[PDB]
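Structure, as structure tokens:
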Amino acid sequence: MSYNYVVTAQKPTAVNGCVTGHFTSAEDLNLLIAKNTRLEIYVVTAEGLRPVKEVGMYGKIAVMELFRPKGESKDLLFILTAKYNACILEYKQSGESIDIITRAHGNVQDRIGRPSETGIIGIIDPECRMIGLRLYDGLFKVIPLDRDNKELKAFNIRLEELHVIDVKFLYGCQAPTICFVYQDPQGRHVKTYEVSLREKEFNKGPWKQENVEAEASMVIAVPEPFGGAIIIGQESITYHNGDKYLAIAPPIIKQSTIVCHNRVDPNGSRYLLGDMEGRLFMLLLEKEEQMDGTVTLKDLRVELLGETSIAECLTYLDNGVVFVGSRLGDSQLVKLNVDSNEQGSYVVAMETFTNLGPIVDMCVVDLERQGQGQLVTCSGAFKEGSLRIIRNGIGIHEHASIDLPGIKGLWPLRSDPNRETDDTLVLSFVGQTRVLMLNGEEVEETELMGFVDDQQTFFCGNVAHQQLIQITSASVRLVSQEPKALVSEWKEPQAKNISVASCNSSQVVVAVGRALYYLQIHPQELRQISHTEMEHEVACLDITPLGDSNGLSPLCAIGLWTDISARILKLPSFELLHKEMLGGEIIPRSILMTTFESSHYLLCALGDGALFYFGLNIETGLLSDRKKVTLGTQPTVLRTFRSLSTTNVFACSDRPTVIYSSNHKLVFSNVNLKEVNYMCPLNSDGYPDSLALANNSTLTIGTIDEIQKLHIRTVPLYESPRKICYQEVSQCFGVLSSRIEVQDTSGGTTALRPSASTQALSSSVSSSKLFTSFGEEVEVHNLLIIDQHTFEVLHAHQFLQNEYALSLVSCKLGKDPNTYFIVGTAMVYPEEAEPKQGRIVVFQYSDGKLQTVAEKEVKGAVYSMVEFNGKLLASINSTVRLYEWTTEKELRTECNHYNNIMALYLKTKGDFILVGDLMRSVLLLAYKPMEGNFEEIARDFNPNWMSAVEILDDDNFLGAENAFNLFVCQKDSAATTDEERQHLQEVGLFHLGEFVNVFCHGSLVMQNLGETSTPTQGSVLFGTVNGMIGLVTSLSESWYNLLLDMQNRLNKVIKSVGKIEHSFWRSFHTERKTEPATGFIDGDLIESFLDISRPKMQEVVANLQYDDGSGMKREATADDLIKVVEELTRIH
Amino acid sequence: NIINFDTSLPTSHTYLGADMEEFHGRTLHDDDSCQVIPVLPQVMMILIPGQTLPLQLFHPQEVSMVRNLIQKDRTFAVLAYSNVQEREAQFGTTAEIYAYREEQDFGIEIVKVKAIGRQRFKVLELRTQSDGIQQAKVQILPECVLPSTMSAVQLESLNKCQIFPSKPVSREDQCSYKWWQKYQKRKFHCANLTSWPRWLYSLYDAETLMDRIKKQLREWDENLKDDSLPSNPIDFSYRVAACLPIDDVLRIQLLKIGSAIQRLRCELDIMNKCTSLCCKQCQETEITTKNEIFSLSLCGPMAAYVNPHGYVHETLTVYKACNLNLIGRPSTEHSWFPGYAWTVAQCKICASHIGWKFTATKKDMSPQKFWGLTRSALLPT
Amino acid sequence: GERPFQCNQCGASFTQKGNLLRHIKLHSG
Ligand SMILES: O=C1CC[C@H](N2Cc3c(OCc4ccc(CN5CCOCC5)cc4)cccc3C2=O)C(=O)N1
Ligand SMILES: [Zn+2]
Ligand SMILES: [Zn+2]
């Protein structure tokens, strides 16, 4: 009884693994990046990274290695998901279709076993003989690699060693050999085994066990001619090869331990290393030793290169460029230049890929346009901490406003030869054409001599030979720049009226009645070149020259009013190069041909609000490319404004859109506007590179924001941000941040780097008295004030020593008209375990200064804080306290409620309160206003790790729990038994695949009443650790049932990578139990219905009984669901 | 404040007999299952799994029942009576038989038996048999186990930084306030990705809670390091729950908790926030000093012992206890401590039977310094 | 003497009956 719909509004961005190899082709070098559920394939070029394929899998990529078995032209790919779904993929392309086929697949989990605390390790023989996997302690799962092993059948081998740290296959061995470092009560040792496939058991290793440093972490296998393994610890790096043994203890690497590595030379002569604090090392091996041709290691030099992002995984591309893949910061492409050495750093950043993870908190705010919200996240950690502002579509920033009574057409004009700047805007009404003049910011209306004042102007723009062509309704009367006299006037021979006008640089083709006459723009003349008649009425005409020449349009496509068909015909002739009958009924509204990024298209916009995009051939004929997008519900007029060094097209309709090309395919964005009827680019002197958009009620001039569907702006802080809240009265953001300061040998603290908290315009230090060794690092917590316009840190309040700021809320209390910044802190000491005392402090940003209005000392940790109908609801330890703000500017307690659980999470919906803890102990309260004490309604205790809460409705509650799941609880107040009304039934399960940190109410799409409203009620955003934004909305029963039928039907049609069943992945997963997902609709799968071919859409629809409109229409057609899924796509 | 006494005789239950018929425990329910298990009446005590119960059998019907159980699955169902009497109970524990003797003496039936709990259950119905021994509906309650709280958000790269070296030595100043700081800093290193601090995640850690409870147990009295304290959190939680001097409602609430971490948190809160003990009738008693609770046994401060005639009293051993009076002589034929002599200790105000005073019998011990209480009239406040 | 009087609920021992009866009524209620 939940009926929720979860969709991904922004795909995950954090990188958790990257490999290189000849995957797509034996000649190309690929960089494969796995974000989480998404696998991205790049091709490295001279400039940088060129994307090739973007494919998402039904799991969390946990192991990803490229191997080339003997007899294969290019490398294969082995992927193991978090649910133990192993698969082997091959890249295949046929001209233009790209598909990643699944060569082998299977499930490699065991019936019983405790998962290892170190995690999944996936290693492959260098000779490609088997795949080893360590999934459970005390067991090593070996997968034989054979052409006949299509189901990936594996056999377990017993490890006598319980705790294995890292394991890797050794290079240059006749028999397969592993070399692992493992833990004992006597310390850490390195051991080796010879895996035998015929015997299905281990053997004696090549070289005996050697005691290593007690902090050894990783094992790296050094290829030939070196051989052996290098073991990197927290203080020393050693090289074990049996007879050979060398070790160093460099002093550079002792600040932080190396966490990841990558080889840069094919023979293993140099290595890359990275640590937690994010600096790049370079381990150098010297092979100067050569006795009789044999090459052996002699020296183990280490050098420091520079400082990069906090790298989760490294990768060395060709020609000295290194991909520093970060998981809590922006990914990077650094360059290992050798001879610059600007100040002691060998690395220079080339690129920087956006990464929103981890998201710790977010708030939805309408920063620019009222009604449309924006997302401000707290992304990153340590020096990677920052704020990200996310908005949808390309906004228009208005710079002028003029009242125009329904202008039926806007065209630019340049009444100044040799000026290179527009001066007047030709606004055309139903019967009149007013030429508004604006040299600067004026709104004058200076009529041109050559332009008819009272005439329905259809086109008025500059023509060749310094002439201005004005093809009005009466006749196509030309003009000139200097003399301003009619050089030519091509009146209708039959005194007819022009219906469609299309004037180009050299040609001017107009249509009167059913006959179209093409008149070339002769020098100081109007000479016809061809004439023809159409079978039906000409709905629209489009004569636009393509690339090059720009003096003669190869084709001139026209629309038929009575036939609703588009035909492309040559300009100097009448033969139809191609014919298309896309759509019907409603007549076409506007025809246009574009050249987005050396790709030619011919877009036809019907009058029903659908755009029929289709490619075209410049030489002869045109393509079909049948694809319709409902870009609004009103007739659309297409205009082309470059404004980007790219063609671009503006779709003026009820919902404006800009059609741009991302890589090679047109992408449709949104313009954050109510309604634009006509648009025209005006490069005026007073409004340079502007875009005068004329609505149905007024005319405005502005500039576009960008050409991207999602725009993310980064405001770096160089410190970890925790919580964010928006104070609209003060127009500022309150951000809690904490920086690491090291305890030096002087009794004080010195910052590691200049942060956003030590570089504020003003500063303060909390001075309240209601209350080790050198090298130790402590956290200093601050409350920042960030401007809502410039995003500069206005203030930075610093809390007391050993005080942890946990909660932050911005609200007004009682009858006080001021809005306050209220912070709940907890004084923590290493000596004790559960905090004994904490403070509730109330700030106020007024006149650019932060002052403490009142502070309250409580005996506990203030875990969470909300506003409760003008009263403050604090959560001290395991008690929920209600505070009232008096007229003395002081808080007094009013209601206490001593729970048996510690109230981490607080939510409020009217008079209801939702309380939970990390143990997924959801508990609900209800405040009696007449009696003044909290009373409990329902309970739901279930031992599990819970990550977030949210109140979807008065009786539905959402949350995230262990194994990246989502659940919905619902109370049944209609039950007549008292034992049931005090229980929260679980009516929803789902395996999201992400660790949800924060739940927020709001949406990034503008909310309008819309009469018909929306098939989905409400909208809740959530941000995860990987840096993806979700969106969950409620559904109706019938709509949910139809969507579930669609979901079950799609699984039989679409092909997944790895042949992983969809129901298996989405089934609620936990280390002790599993069950199918119920009450949740996979939004991604449903929205993937638009991406399949027409025959697949036809096979999907057989009996879906779509006619829920009191009937059935069993057939249900195929365009009925397209309307249904479009509304589901418009919500984000 | 230490006496040369071995803390193994009271646990051995030698006052029953010496040539005990030891039976090997090789039983287990299949987990989450409907079951039917007989119940012995005339017992009013909540039994926690792992706790040893000493029972005395007098009536012929119950002796026949226990003999039949011996020639059957050696498990009965100890019922957990609530505040309301007349079999108004909802929970219980399965106790396994591992010792049986006759010791006829007077010789009617006479059975010596010791039982230890193994599993919990919730009873659905209480069926009464005409024989006199009732068999009730049993649904086995599984014991929930949870993984590490950071495994969900853990980084794959820094998973090698998860196997810590062994704890250096044990119970030393600045050898624990620093090693535990290092363990907290390195284990919950990924708490920065989430929205909660490291100490909050350490509040729900099993190992930290066990260490805190061990420190408190040492605070009560000197504990021999790993003095039979199990490493597994489930077993440690059950042992601590058995050794806590709390009333019936607190014990049944602890039994209702299904996860080890929640049980440890509840036990720690109980032993950190409850200090005052009451004398039921009386307003309060000198026993309010919880800091003087000793434990003269391996099992802990409390264990179950049976008197000569059927009834079983679990006792609390404390260092000092005022507000009491002595009636009778220091008898010694049935003291639960072999090297001690027992005396009837009566209350001084409400005169309700609680406690037994003990007198000196040997040299290397505590002369006239001993007290053994009971849950007859002691409640925590 | 052998004093057969003996409390069964608590286990208190008496050489007479009055205190045994008092203790029995104490156990009662
Ligand atoms: O440390 C302590 C503290 C005191 C505690 N006691 C003494 C006691 C009795 O003490 C008199 C007595 C002693 C011995 C018997 C012998 N039986 C055995 C079988 O039934 C018939 C004959 C009967 C009565 C009699 C009954 C109950 C208790 C009771 O709770 C105890 O036992 N151990
Ligand atoms: Zn008393
Ligand atoms: Zn008595």
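The chains are labelled alphabetically, A first, in the order the sequence lines are listed. Heads up, chain A uses the PDB entry numbers, so what you see runs 1-771, 780-1140. The numbers used for chain B are those of the PDB entry, and the residues that appear cover 45-425, in sequence. The residue numbers of chain C are those assigned by the PDB entry, with the residues present covering 141-169 sequentially. Both counts, for ligands and for their atoms, begin at 1 and track the order of listing. Header says: electron microscopy, 3.6 Å. Basis for what follows: all heavy atoms, side chains included, without hydrogens, waters or symmetry-related copies.
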Handout entry: Drug identity at ligand 1
Key = iberdomide
Problem - Name in the PDB entry of chain in most contact with iberdomide - result: Protein cereblon
Exercise for the section: Tell me the other chains with a heavy atom below 4.0 Å from any atom of iberdomide. Expected result: B, C
Practice task
Write down the UniProt domain of chain B that holds the majority of residues in contact with iberdomide.
Solution key: cult
Practice task
Identify the molecule name that the entry assigns to chain C.
Solution key: DNA-binding protein Ikaros
